[PDB]
There are 4 protein chains.
Amino acid sequence: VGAXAXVXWXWXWXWX
Amino acid sequence: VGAXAXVXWXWXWXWX
Amino acid sequence: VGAXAXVXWXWXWXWX
Amino acid sequence: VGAXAXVXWXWXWXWX
């Protein structure tokens, strides 16, 4: 269902 | 900044 | 068989 | 240090 593998791009929220 | 890297978990929207 | 999506973990090599 | 983030691309080994 849908496309890709997961949701959004990355792992979490931000940079560090 | 925040937690982890980027936004979400994985890549795109779904599995496919 | 394939597992998850990608090779390793992240997007590149290091932090920056 | 290095380029981008982490060690690899995505998470895992191939596409499952």
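Letters A, B, ... label the chains, following the sequence lines from first to last. Since chain A takes its numbers from the PDB entry, the residues it shows come out as 1-16. We number chain B the same way the PDB entry does; the residues here are 1-16, in that order. Residues 1-16, in that order, are what chain C shows, numbered as in the PDB entry. Chain D is numbered as in the PDB entry; shown residues: 1-16, in order. Non-standard residues: parent letter or X; surplus atoms excluded from contact counts.
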Pick the drug at chain B from gramicidin D, viomycin, pasireotide.
gramicidin D
Name of chain B in the entry
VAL-gramicidin A
